[PDB]
Amino acid sequence: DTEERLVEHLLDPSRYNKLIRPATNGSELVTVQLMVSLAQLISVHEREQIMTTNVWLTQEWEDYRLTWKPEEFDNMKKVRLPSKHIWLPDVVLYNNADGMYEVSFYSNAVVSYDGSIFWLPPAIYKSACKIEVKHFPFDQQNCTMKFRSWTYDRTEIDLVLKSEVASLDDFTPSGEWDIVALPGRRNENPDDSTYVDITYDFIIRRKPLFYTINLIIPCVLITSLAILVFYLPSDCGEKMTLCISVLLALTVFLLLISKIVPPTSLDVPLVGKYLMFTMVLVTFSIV
Amino acid sequence: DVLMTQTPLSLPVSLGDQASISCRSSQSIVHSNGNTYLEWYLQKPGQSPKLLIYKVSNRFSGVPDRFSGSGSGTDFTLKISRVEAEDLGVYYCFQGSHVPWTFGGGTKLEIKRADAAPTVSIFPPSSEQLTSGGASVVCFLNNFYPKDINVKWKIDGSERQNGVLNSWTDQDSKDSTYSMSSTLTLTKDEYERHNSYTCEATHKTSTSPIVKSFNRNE
Amino acid sequence: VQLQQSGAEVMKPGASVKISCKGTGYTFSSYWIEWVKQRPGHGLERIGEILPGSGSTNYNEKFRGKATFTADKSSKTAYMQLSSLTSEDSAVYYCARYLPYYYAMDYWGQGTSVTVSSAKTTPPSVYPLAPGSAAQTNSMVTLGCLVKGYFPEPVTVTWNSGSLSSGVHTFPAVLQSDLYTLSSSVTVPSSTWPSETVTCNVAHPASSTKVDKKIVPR
Amino acid sequence: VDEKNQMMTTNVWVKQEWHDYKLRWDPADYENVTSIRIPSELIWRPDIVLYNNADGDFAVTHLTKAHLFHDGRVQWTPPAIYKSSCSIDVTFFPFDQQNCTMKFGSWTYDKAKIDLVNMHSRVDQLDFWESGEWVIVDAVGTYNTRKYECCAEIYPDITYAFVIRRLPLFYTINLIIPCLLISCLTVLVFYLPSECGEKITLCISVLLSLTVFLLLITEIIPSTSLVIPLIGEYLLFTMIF
Amino acid sequence: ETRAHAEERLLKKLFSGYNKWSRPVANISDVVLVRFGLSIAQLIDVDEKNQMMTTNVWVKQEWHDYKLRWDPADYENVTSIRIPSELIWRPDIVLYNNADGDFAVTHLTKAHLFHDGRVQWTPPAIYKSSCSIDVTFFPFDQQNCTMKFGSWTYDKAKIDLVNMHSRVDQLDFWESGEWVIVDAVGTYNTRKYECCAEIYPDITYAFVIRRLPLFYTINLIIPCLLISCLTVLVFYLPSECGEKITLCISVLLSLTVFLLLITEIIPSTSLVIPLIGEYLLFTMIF
Ligand SMILES: *[C@@H]1O[C@H](CO)[C@@H](O[C@@H]2O[C@H](CO)[C@@H](O[C@@H]3O[C@H](CO)[C@@H](O)[C@H](O)[C@@H]3O)[C@H](O)[C@H]2NC(C)=O)[C@H](O)[C@H]1NC(C)=O
Ligand SMILES: *[C@@H]1O[C@H](CO)[C@@H](O)[C@H](O)[C@H]1NC(C)=O
Ligand SMILES: *[C@@H]1O[C@H](CO)[C@@H](O)[C@H](O)[C@H]1NC(C)=O
Ligand SMILES: CN1CCC[C@H]1c1cccnc1
Ligand SMILES: CN1CCC[C@H]1c1cccnc1
Ligand code: NA
């Protein structure tokens with residue numbers, strides 16, 4: 001019962017407004033503490049440079065017009081509220097692809113009698129990160145993800161990290177990929193004096209055995225046939241079939257390995273480079 | 001594994017002197033990003049290691065400015081401006097390029113001053129040990145410098161090496177000297193058959209070996 | 001932040017030992033925890049690191065199949081199962097926090113001493129060290145208080161409540177056959193020894209042994 | 001069940017039953033009415049979210065109507081299309097058993113306010129549709145409680161484990177039997193005499209055919225480097241030989 | 001006395017009897033100005049097969065009205081306030097070159113108002129334009145893509161577009177790795193359609209870009225250029241071995257496979273023929 005009267009007292013459209021953000025004493029900044037929590041890295045479509053993650057981002061901020069006297073209301077401490085009605089500092093990716101920006105669920109938020117708000121909606125994010133594919137597959141991937149309020153500059157809000165590292169209490173082993181460290185850092189452009197943002201860096205490592213067994217063994221296996229054709233005697237008349245077949249197989253593997261690598265013309269994969277070299281060698285062999 | 005070589009093993013330098021230590025890698029430890037991730041560690045005797053330099057081109061937040069480190073793509077050098085009494089200990093290298101990570105070999109570092117005259121004293125067994133039936137001759141060598149010294153045991157003019165226990169401590173702080181004890185443990189039945197037991201010490205500060213002998217039957 | 005470890009541990013060779021690492025004051029399940037092995041002789045070598053969030057583990061190529069880590073997320077504790085143990089691994093083990101490619105190694109543990117030897121319990125010993133019979137009386141004289149056959153470490157061998165503290169010498173422990181043997185020495189003027197009553201005291205907390213024995217001349 | 005992405009796309013009816021003291025009335029006063037059907041948007045609705053989502057909906061988004069009885073009871077039955085992510089264990093391909101989990105729970109309430117009590121120990125299958133590829137061995141429900149770093153209280157959850165099997169006829173008639181058949185030619189080359197002079201052609205043909213079958217099977221298995229598929233092991237073994 | 005109370009009172013005052021669909025102008029005869037600009041977040045994709053450029057674009061629109069003005073000294077020195085754009089008028093700027101995509105921005109972010117009556121709005125958007133892909137110098141190609149923004153139901157007699165920057169800003173560019181922007185030019189134009197007697201303004205943005213050749217030059221053209229060096233090689237091989245027809249068939253089928261392969265990647269356009277395609281067909285004939 002008293003919960004309903006509490007909600008009607010707090011959520012009065014005539015008394016409480018949503019479009020204006022709280023501030024006192026000459027437009028003081030409202031500190032917004034956000035920290036990320038990685039659920040499970042679900043996929044890395046390396047061909048499209050898209051990383052799909054499940055994220056729980058927690059956000060805390062102080063708000064003064066929402067307070068109430070806890071003594072009168074049966075000594076209640078915390079109350080649940082909908083997100084669509086109380087104001088909320090927008091925090092969304094920038095390097096996000098797919099058009100999707102905001103969170104998916106719009107959860108309920110916890111409100112204490114002091115006025116602090118602690119809110120965490122879960123979401124799925126599709127970030128865009130460049131693939132430094134040189135040591136395929138024995139490599140590392142450096143994916144960046146940025147948070148920032150697209151609507152407010154550093155004049156009403158100010159983002160502050162809670163902890164230096166992303167939390168992994170609700171993590172599951174991603175299977176193929178294995179994480180190393182999840183650093184986070186607050187950037188600050190002094191030239192703009194308005195630009196703020198939080199950047200989390202994900203350094204990811206690939207467990208190599210799958211690709212190894214699937215591609216490296218057949219590749220070196222068939223390319224061991226390079227210097228093999230010449231020990232064959234010419235009188236039998238069979239060099240042509242073997243050599244042309246080897247060249248064809250190498251072309252096939254080249255096309256495949258070019259299909260799996262993202263078309264990043266910034267650099268050439270090492271495996272592809274070696275395979276092109278041995279292709280030139282085997283055509284010199286055929287001539 | 002990228003093995004690491006530290007040079008030298010021990011570099012005794014006096015208070016206020018500048019000391020340089022080199023730390024070389026078996027391979028190149030520069031990461032593809034363009035930054036070489038190496039760590040310097042300081043351990044004090046009886047305590048856990050401390051930090052002075054991370055990301056060599058940078059410095060730790062909490063360490064004074066007297067420390068400095070730099071180096072090329074492979075050769076690395078840790079430099080100290082003025083040695084204080086606090087910087088006593090052993091240094092270490094830690095590379096952060098390839099998996100797995102590895103440490104160095106350990107670089108010993110203490111203070112250096114003039115030589116010293118070794119004070120040698122030999123102790124025969126006591127009455128309580130003779131009551132038990134043992135024979136332990138302890139030969140103390142205190143307040144000497146440097147560590148270049150050798151202890152030789154003679155029994156009736158015969159060199160003895162079995163039963164010799166040689167221990168030595170680190171450089172003391174208030175006097176900057178070394179100490180070394182040599183214990184020879186024998187049975188009481190063997191103490192009553194021999195005549196002369198001799199502890200001899202050969203040190204650079206003495207042209208003649210310091211001889212300390214005692215006779216059983218006198 | 002703060003780190004905790006287990007207490008002292010002893011066990012017969014061939015068995016297994018599990019040591020614990022407690023962490024608080026930070027996000028325990030967010031970054032790596034690596035351990036450092038330090039033999040009492042020299043050097044620093046690693047044993048491996050784990051990520052308390054996942055089961056991502058790695059080991060140094062020298063200690064494969066020797067140790068097996070285990071982490072817990074609910075209770076902020078990291079464990080390590082130890083394989084068939086030999087008397088060559090009796091050393092001191094550490095623990096520390098680490099994060100690759102960025103700021104790292106800013107705190108440590110307090111140190112875990114593990115000792116492995118075939119022994120159960122031996123009380124510490126009394127055996128004074130009397131001067132030689134044939135010796136020239138000088139201005140000063142060194143003293144001796146020998147202790148044999150005790151286990152395990154540590155022991156506290158001091159003089160009379162610290163009355164004679166200047167010039168003492170406490171050596172590290174060295175095996176003879178299976179136990180430990182130490183001695184203490186100090187230089188005193190010869191004009192006071194035949195007059196002042198001096199007695200070395202031995203304190204062993206692990207056995208609750210408080211024994212002193214007055215040293216008298218011959 | 002897309003194993004290359006490790007994503008299970010399922011169609012589920014959710015049945016939620018509860019009651020409160022506010023929506024009660026007296027049937028003897030309103031011409032003997034017992035139940036009425038109203039859009040769930042207007043009444044309270046407990047949030048039930050699944051934690052194992054991957055490119056899908058967190059909350060059920062169709063907002064169907066709900067039944068109210070006279071005593072205050074309320075019944076709700078929305079349909080949903082879920083996309084979960086389960087670790088596909090491909091070792092006995094294709095003769096495989098898959099164990100995939102789905103974790104449902106409340107979001108902004110502890111056990112001290114909302115408690116989840118599973119009506120049935122098993123999942124209903126009365127309106128199930130036979131896929132033709134997958135048969136359900138069993139669907140077990142389990143009640144658990146956990147605790148997250150956010151909060152002090154404990155939080156309830158329900159974990160459903162689907163253990164299912166793959167009907168092997170399609171794969172065992174199209175994929176494993178052709179490669180097992182062409183594997184009967186790796187030794188046949190040695191019995192062929194040299195003077196005819198076509199042995200190298202047989203070797204090349206066999207090797208490239210095995211390479212093609214391996215490059216084709218590397219698509220349907222996941223990119224999971226925890227274990228190796230048995231068929232991949234067999235094919236690579238035959239390629240080495 | 002807090003800032004929130006003053007801003008709430010101001011928002012209540014200036015939204016009393018304001019209509020949205022009323023075109024806010026001092027007089028009916030007077031026109032409005034819409035300062036216009038773009039920024040590129042990232043070049044998402046250029047599908048030359050389907051002839052579609054998908055881009056991520058921040059749209060900057062600047063104008064002003066007379067009804068949404070106030071005084072800063074009456075509300076504790078407030079000058080800028082942010083409000084949802086759905087509650088105010090908004091000149092519908094649409095692109096005419098769409099292909100199965102959003103005609104207008106769909107996020108409808110918030111916008112800034114100043115005390116003088118100035119208003120600024122900056123929504124993100126994902127656009128899918130259509131390019132006249134000219135593939136002759138493949139892969140060493142330059143692409144000239146066009147996008148065409150403008151009002152929809154407003155003539156030049158009421159709204160007059162004015163470009164802010166002659167070039168497209170690139171401060172928040174993301175290096176795609178496949179395409180580098182050579183330059184981007186804006187042009188103001190006016191057309192006269194058949195519906196109406198009035199003239200309609202428009203802004204044409206032309207992107208001239210190049211393809212990074214390093215990738216395709218090491219995976220598509222080097223193998224075919226290599227295997228093309230065998231069609232003349234079969235003649236020198238003597239007849240008595242008996243495998244020349246094998247080499248010829250191998251060469252011809254491999255060239256056919258490479259030709260069929262490249263016809264996937266280049267657009268199915270009949271205006272011009274790819275140079276590589278012509279060379280490969282020439283080699284097949286010979
Ligand atoms: C993954 O990519 C990110 C972004 O490129 C890398 O962050 C960059 O790291 C470098 C080197 O640490 C930073 O340079 C440093 O900048 C500070 C501040 O100006 C300066 O004091 C240092 O001397 C150094 O120049 C650079 O700022 C940073 N980029 C940012 C924060 O935007 C990160 O290193 C990459 N991860 C790996 C493993 O390489
Ligand atoms: C499936 O996994 C669940 C959760 O771990 C487990 O409890 C259950 O035993 C598994 N099913 C089978 C048949 O092993
Ligand atoms: C691109 O096309 C536009 C519109 O016709 C034209 O004006 C411009 O000159 C072209 N760009 C180049 C580099 O030719
Ligand atoms: C209990 N929920 C499960 C994960 C997050 C946590 C939570 C805590 C407070 C408010 N909402 C959600
Ligand atoms: C002037 N607009 C530009 C193209 C179509 C034309 C139009 C015609 C009728 C109604 N609205 C717009
Ligand atoms: Na053929």
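Chain letters run A, B, ... following the sequence lines, proteins first, then strands; residues in each count from 1. Computed over heavy atoms, backbone and side chain alike; hydrogens, waters and symmetry mates excluded. Whatever order the structure lists ligands and atoms in, that order sets their numbers, starting from 1. The structure has been trimmed to a portion of the entry, and contacts are counted only among what remains.
- Looking at ligand 4, the drug there is (S)-(-)-nicotine.
- The chain forming the most contacts with (S)-(-)-nicotine (ligand 4) in this entry appears in UniProt as Neuronal acetylcholine receptor subunit alpha-4.
- Other chains near (S)-(-)-nicotine (ligand 4) (heavy atoms under 4.0 Å), by letter: A, D.
- The deposit gives chain A the name Neuronal acetylcholine receptor subunit beta-2.
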